[PDB]
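Throughout, protein chains are lettered first and strands after them, A, B, ... in sequence-line order, and every chain is numbered starting at 1. In listed order, ligands and their atoms are each counted from 1. Header says: electron microscopy, 3.4 Å.
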Amino acid sequence: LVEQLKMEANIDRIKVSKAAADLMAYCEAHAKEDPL
Amino acid sequence: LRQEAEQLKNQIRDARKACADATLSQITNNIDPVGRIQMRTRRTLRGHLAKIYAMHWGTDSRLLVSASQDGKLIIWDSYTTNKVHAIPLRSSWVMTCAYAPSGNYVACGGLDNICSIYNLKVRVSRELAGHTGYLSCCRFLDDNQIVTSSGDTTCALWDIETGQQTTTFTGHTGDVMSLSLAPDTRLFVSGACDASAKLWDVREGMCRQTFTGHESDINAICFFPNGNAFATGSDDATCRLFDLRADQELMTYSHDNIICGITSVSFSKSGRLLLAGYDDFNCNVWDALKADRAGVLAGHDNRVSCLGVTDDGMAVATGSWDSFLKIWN
Amino acid sequence: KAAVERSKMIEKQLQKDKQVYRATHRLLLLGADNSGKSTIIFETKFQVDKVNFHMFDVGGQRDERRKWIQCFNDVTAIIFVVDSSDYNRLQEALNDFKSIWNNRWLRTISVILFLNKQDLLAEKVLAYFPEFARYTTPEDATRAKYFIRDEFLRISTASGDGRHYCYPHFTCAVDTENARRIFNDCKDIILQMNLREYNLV
Amino acid sequence: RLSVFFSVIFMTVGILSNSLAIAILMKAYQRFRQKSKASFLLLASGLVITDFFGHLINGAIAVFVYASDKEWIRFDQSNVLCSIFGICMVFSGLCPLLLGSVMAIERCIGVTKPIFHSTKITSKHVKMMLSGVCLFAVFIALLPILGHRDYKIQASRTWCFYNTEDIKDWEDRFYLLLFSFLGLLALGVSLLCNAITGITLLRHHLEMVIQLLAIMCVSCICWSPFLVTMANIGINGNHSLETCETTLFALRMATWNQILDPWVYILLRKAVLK
Amino acid sequence: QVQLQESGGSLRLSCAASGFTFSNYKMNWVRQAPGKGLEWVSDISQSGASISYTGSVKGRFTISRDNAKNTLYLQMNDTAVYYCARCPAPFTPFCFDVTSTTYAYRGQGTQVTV
Ligand SMILES: O=C(O)CCC/C=C\C[C@@H]1[C@@H](CC[C@@H](O)CCc2ccccc2)[C@H](O)C[C@@H]1O
């Protein structure tokens with residue numbers, strides 16, 4: 001259990017602003033074709 | 001060892017807090033909101049004698065499969081409403097079903113701890129029997145591989161042609177209720193009765209990340225179309241959007257008028273809308289970015305048990321305990 | 001078109017399946033390990049007065065049963081077997097019965113309560129609950145057994161009035177009148193359902 | 001002392017009651033269908049639909065008759081209107097009685113022997129029974145047309161029924177006796193079945209007993225004078241019989257039964273009222 | 001993260017809850033005697049309503065909950081390990097899997113020796 005936490009704590013994390021921008025860009029790009 | 005676990009938990013929480021500088025709601029404040037979405041029922045499918053427990057759309061966007069309490073697995077042609085197949089099950093306690101991407105195989109399972117796989121060329125083709133608890137969800141990777149999740153706190157990757165458990169995924173502390181496969185078909189997620197979702201690597205077989213922000217059992221899970229986020233629905237009447245790269249919760253979809261859990265979660269084709277099936281006999285369509293309820297789907301006489309969105313996004317199929325399956329457009 | 005013909009054939013098969021399915025009464029058998037549930041997934045099918053009963057006993061999964069119990073929402077009745085001999089584990093049985101009775105998804109299912117191993121209780125009484133001292137037996141047919149029955153009925157009538165009913169029964173290890181009691185209780189349950197439908201409850 | 005106001009008030013009350021009954025019945029059938037076959041709900045739906053349609057058609061024809069100043073000569077050259085009005089009256093009278101009798105029979109079966117009712121009946125038999133009752137009612141209505149005789153216009157100059165104010169051959173007597181006997185048999189079967197159900201329930205029980213008593217009393221009180229008068233007319237030659245006022249104070253006391261059926265069967269329950 | 005930290009061990013056992021809305025769930029106090037299995041001890045609802053105790057501790061124990069401080073107190077006056085457990089779902093008047101070997105929403109527990 002401790003080894004799993006140690007492994008999960010040793011990753012690189014991307015700032016929330018970049019993730020939100022990517023989600024917004026994907027939604028804007030693909031909104032034109034969505035039938036709903 | 002408990003003190004060390006607390007130390008790494010605190011370190012993870014601190015890193016997550018430092019990584020989060022802004023919020024999704026703050027960014028999604030200058031964009032136009034989605035107008036009032038009113039989706040009408042175009043087709044209704046009848047024939048199930050009892051409550052429908054699960055369903056799965058086909059990869060051809062036309063045929064679908066639905067399993068009911070009467071031990072019936074019915075494959076419908078959605079366009080003309082005409083029934084294509086009807087398979088009787090050995091046990092009438094089915095909890096899930098699946099449709100192979102090639103459209104040749106169909107899998108189900110339930111309280112018998114058996115993953116039954118039928119060949120549509122309808123005789124049973126395989127019985128994967130390695131689990132200790134009830135099988136809650138099974139998804140098809142290929143005609144020779146399948147991924148299942150059981151109530152014994154484990155997931156599994158089975159090779160169909162042999163019938164053996166190629167890989168086993170452990171780490172959950174409660175019954176696993178749902179799983180979703182990434183579009184790349186190399187990573188997936190699993191939600192359990194532990195208020196924690198986890199990300200598994202299919203090839204590696206080890207858990208990469210765990211996201212825990214919920215408060216109660218997670219009943220459903222779905223993956224973002226671009227493969228870098230996922231939304232989970234739980235028993236605390238909330239949905240939550242988690243991001244893979246930021247490894248943190250992004251938005252919470254809930255209103256101060258719902259006191260019932262979510263039994264099904266799915267996205268739209270572009271991901272702008274998030275559809276959540278509730279136990280209040282109705283479904284809600286949220287704006288996945290603005291976190292505002294854009295619409296309500298009503299017309300079911302019992303709780304919505306399964307909900308799915310067509311591959312091309314032209315329809316949404318909801319199956320409830322009212323023994324009726326409704327297609328909305 | 002052949003597709004419509006196949007649909008019609010499947011519809012006829014489903015009508016026949018509905019006809020056979022509506023005539024079989026499904027029951028769920030629950031109880032602790034010490035309680036003799038066997039003597040009363042394992043599926044046992046029996047026939048009483050040309051009526052078919054199918055009782056399912058689930059014992060293959062783990063002890064966390066708040067999720068797979070929802071699969072038994074439309075069951076006709078829950079046959080709940082309690083080992084009335086063991087006083088130490090009696091409170092555990094009471095808690096299980098209360099959780100079953102007050103469940104949201106099982107708030108409309110009646111419970112046929114069997115109090116097994118009455119011979120052991122009778123032997124034990126003849127040479128845990130402080131409330132037993134200030135208790136007197138009611139004017140019923142022919143004290144500890146009636147006390148336990150009242151303890152279960154207190155939870156039974158505490159909540160859910162007019163939605164479902166609890167039917168106590170005193171069964172020995174060699175009592176063969178269990179099928180008749182199950183049939184009578186199912187008949188009363190069907191009568192209650194008909195009455196509720198006829199009054200638009 | 002005859003006016004269209006009676007007709008229009010009976011019309012509007014009947015349509016309003018039946019519309020509310022149909023709405024609440026649809027809601028209740030949606031709620032109750034996914035627990036068992038709702039035979040009682042289906043039979044009540046048939047009853048309220050029949051009452052609604054009969055009220056609408058017969059009242060519309062009566063209003064048309066009143067509006068034409070009872071000038072029955074110059075609008076029915078072939079007397080097709082009289083035949084249609086008589087057919088509608090006979091159907092709207094016979095169908096509710098038989099439907100009530102069948103509902104009472106089904107309720108008695110489902111109360112006295114519930115397990116046999118649930119296992120060996122199914123909804124297909126109920127649908128066939130309802131359709132057969134409707135077809136039998138329409139066939140008995142069509143019988144005079146299918147024969148040689150035709151519906152005559154009654155002495156009130158406002159409705160068409162069997163040939164009463166005349167000493168005709170055996171055909172008119174046969175038809176009058178047939179209608180009266182069918183009505184009395186339906187009333188007796190309903191009374192017996194409701195009494196059996198109430199006796200069994202006495203030994204939600206109070207609500208059912210009260211509803212059964214109300215059904216029995218309403219049906220008997222509001223349907224006995226009309227059938228008794230028709231029996232007296234048929235058995236006699238109308239030389240020593242009743243007058244037009246009694247017949248009219250019996251068409252108008254039947255119409256009240258038709259109005260009160262949806263109130264007494266559905267809308268008066270505690271769950272519906274709340 | 002659903003966290004329930006127990007402390008204490010007449011006694012005044014305390015259970016501090018974090019990670020969820022405290023005044024929305026029905027709480028239980030459970031014990032495990034050494035060499036035995038889990039046994040339910042006491043139960044309190046979400047608003048100080050009807051309180052349940054096991055037969056052996058009726059009257060002798062008291063249980064309270066401070067919703068403002070999001071804490072659960074058990075005042076006692078046998079030797080066992082005590083836990084505070086939560087109902088799986090909110091807005092519900094029943095706890096199903098509280099007395100289980102592996103429960104996800106149960107605290108670590110404190111030892112009490114007499
Ligand atoms: O001119 C007068 O005043 C009387 C003339 C009557 C002519 C039509 C009555 C109509 C009623 C029809 C109800 C319907 O159920 C028939 C009842 C019935 C069937 C069978 C045998 C007896 C009676 C409507 O409600 C309103 C209107 O009055």
key: PDB drug name, ligand 1   = latanoprost acid
Bound partner of latanoprost acid, most contacts, as in the PDB entry = Prostaglandin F2-alpha receptor
query = Under a 4.0 Å cut-off, which other chains come into heavy-atom contact with latanoprost acid?
reply = D
Heavy atom under 4.0 Å from latanoprost acid, UniProt transmembrane segments of chain D = 1, 2, 3, 6, 7
request  = Show which residues surround latanoprost acid within 4.0 Å on heavy-atom distance.
outcome  = D:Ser7, D:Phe10, D:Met11, D:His55, D:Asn58, D:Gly59, D:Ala62, D:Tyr66, D:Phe85, D:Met89, D:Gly93, D:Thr158, D:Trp223, D:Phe226, D:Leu251, D:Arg252, D:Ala254, D:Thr255, D:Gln258
